[PDB]
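Heads up, this one has phenylbutazone in it.
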Amino acid sequence: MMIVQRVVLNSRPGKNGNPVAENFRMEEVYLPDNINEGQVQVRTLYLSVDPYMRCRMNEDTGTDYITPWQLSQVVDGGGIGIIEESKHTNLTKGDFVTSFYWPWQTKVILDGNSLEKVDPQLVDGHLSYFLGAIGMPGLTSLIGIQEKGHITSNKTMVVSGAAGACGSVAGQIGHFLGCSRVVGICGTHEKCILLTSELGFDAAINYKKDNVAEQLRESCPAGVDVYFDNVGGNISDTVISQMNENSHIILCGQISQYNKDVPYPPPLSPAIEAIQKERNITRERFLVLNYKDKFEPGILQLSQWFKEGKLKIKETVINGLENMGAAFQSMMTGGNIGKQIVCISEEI
Ligand SMILES: NC(=O)c1ccc[n+]([C@@H]2O[C@H](COP(=O)([O-])OP(=O)(O)OC[C@H]3O[C@@H](n4cnc5c(N)ncnc54)[C@H](OP(=O)(O)O)[C@@H]3O)[C@@H](O)[C@H]2O)c1
Ligand SMILES: CCCCC1C(=O)N(c2ccccc2)N(c2ccccc2)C1=O
Ligand SMILES: CCCCC1C(=O)N(c2ccccc2)N(c2ccccc2)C1=O
Ligand SMILES: CCCCC1C(=O)N(c2ccccc2)N(c2ccccc2)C1=O
């Protein structure tokens with residue numbers, strides 16, 4: 001048997017704690033030499049890190065559709081790989097495949113029925129895009145905007161988490177689908193420049209260093225019609241206060257709250273909820289997995305926009321399975337521009 005590397009959950013940060021690289025531990029394990037009928041042996045190429053993973057580090061995730069990671073057991077998440085051996089009738093050696101529950105391990109034996117075969121032509125061979133802009137975050141942005149944005153209209157969109165995986169795509173799609181103005185809120189001036197100089201955002205606001213309320217008044221002079229919310233907390237309170245009658249909050253995530261012992265989705269404060277109700281602002285829970293029937297058209301559209309040169313795809317790649325923990329910590333504290341990716345093998 002050959003020896004491979006895996007990542008297991010080492011320790012929990014606590015419900016109110018910050019996640020750190022040391023919450024994960026690398027181990028070496030044997031990979032069995034044979035696979036059974038219906039299984040495939042896959043070489044892991046890229047793995048995702050994602051904000052939802054924070055709740056998987058707690059003993060109770062607080063959400064009925066996410067299971068907690070278990071101490072000393074292999075971690076899992078979005079991944080893409082290449083089939084090395086197959087005893088599944090619909091998969092063969094050399095196929096590229098994806099799973100939402102890919103073990104954090106360099107080579108894996110999986111049930112073939114749990115994988116989706118993907119076409120590398122859709123990403124011009126850049127496979128890591130299947131974990132970002134031509135993957136779940138891209139789909140979340142496109143389907144979120146389509147289903148919850150009510151964009152036809154010379155509307156103004158605000159995007160929080162604007163320079164992240166979802167946000168960087170959302171702001172571009174807002175322009176593609178008819179917003180006249182798209183304004184981004186993010187955590188660094190470097191990110192602000194990216195948004196306006198490369199991604200076509202009309203304005204960018206650094207929430208750490210800028211006065212968010214007054215910058216939104218200057219950059220959104222006609223108020224806010226659509227809010228693509230990745231962050232929640234005080235930032236969302238500030239945006240909501242400038243939202244128009246009959247506007248829409250695309251409630252994508254609330255990452256400002258993930259290191260706190262509070263339920264998801266978190267309620268708005270009494271003052272901000274009052275504004276929401278008075279202005280008839282809609283704020284419905286959005287779960288991209290409720291729209292799996294739209295993933296095909298979504299991916300095909302994201303791909304087409306990419307290939308046309310319209311959709312600009314940004315990512316931050318760290319190399320090596322040993323860096324999964326560091327990549328997660330980095331993403332959670334804003335180290336990533338666009339999608340955080342970990343490259344697990346050589347790009348061939
Ligand atoms: N509803 C769904 O089906 C669905 C699907 C996918 C993702 N989501 C949600 O979408 C959001 C974005 O996920 P992603 O994968 O695109 O991650 P991401 O935006 O690429 O990475 C997270 C970013 O969050 C920002 N951040 C971290 N802590 C913050 C804080 N306290 N306040 C403000 N910003 C903070 C950081 O950028 P800064 O430098 O700008 O702080 C960091 O780069 C998350 O809330 C996630 O749960 C939802
Ligand atoms: C409690 C986290 C809040 C937003 C959250 C969500 O419900 N999903 C989410 C939806 C269904 C199953 C699992 C998570 N994911 C998510 C992350 C990456 C890709 C897709 C969805 C999210 O980040
Ligand atoms: C997308 C890859 C497979 C994920 C699959 C799943 O595990 N959950 C899921 C997780 C736990 C319990 C039930 C389903 N749901 C799901 C569907 C809609 C909304 C939320 C989750 C899914 O679609
Ligand atoms: C949450 C994942 C559950 C399976 C899921 C998948 O990963 N892809 C999928 C593959 C690559 C990127 C994003 C999703 N698609 C999918 C996409 C387009 C057409 C058919 C299927 C899927 O339905």
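Each residue takes its place number in the sequence, starting with 1. Numbering of ligands and ligand atoms starts at 1, following listing order.
For phenylbutazone, the full set of ligands or chains is ligands 2, 3 and 4. Going by UniProt, the chain with the most contacts to phenylbutazone (ligand 3) here is Prostaglandin reductase 2. Between atom 16 (C) of phenylbutazone (ligand 3) and the options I66, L289, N290, the minimum heavy-atom separation is to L289. In terms of protein heavy atoms, atom 23 (O) of phenylbutazone (ligand 3) is closest to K292 NZ, 2.9 Å. Counting protein heavy atoms under 4.0 angstrom from atom 1 (C) of phenylbutazone (ligand 3) gives one or more. Checking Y101, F295, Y291, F100 against atom 6 (C) of phenylbutazone (ligand 3), the nearest heavy atom belongs to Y101. Per UniProt, the substrate-binding residues of chain A include some within 4.0 Å of phenylbutazone (ligand 3) by heavy atom, namely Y101, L289.
Atom 11 (C) of phenylbutazone (ligand 3) has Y65 O, 3.3 Å as its closest protein atom, hydrogens excluded (heavy atom only). In this structure, atom 14 (C) of phenylbutazone (ligand 3) has its sub-4.0 angstrom surroundings free of protein heavy atoms.
The contact residues of phenylbutazone (ligand 3), taking heavy atoms under 4.0 Å, are given as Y65, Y101, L289, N290, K292.
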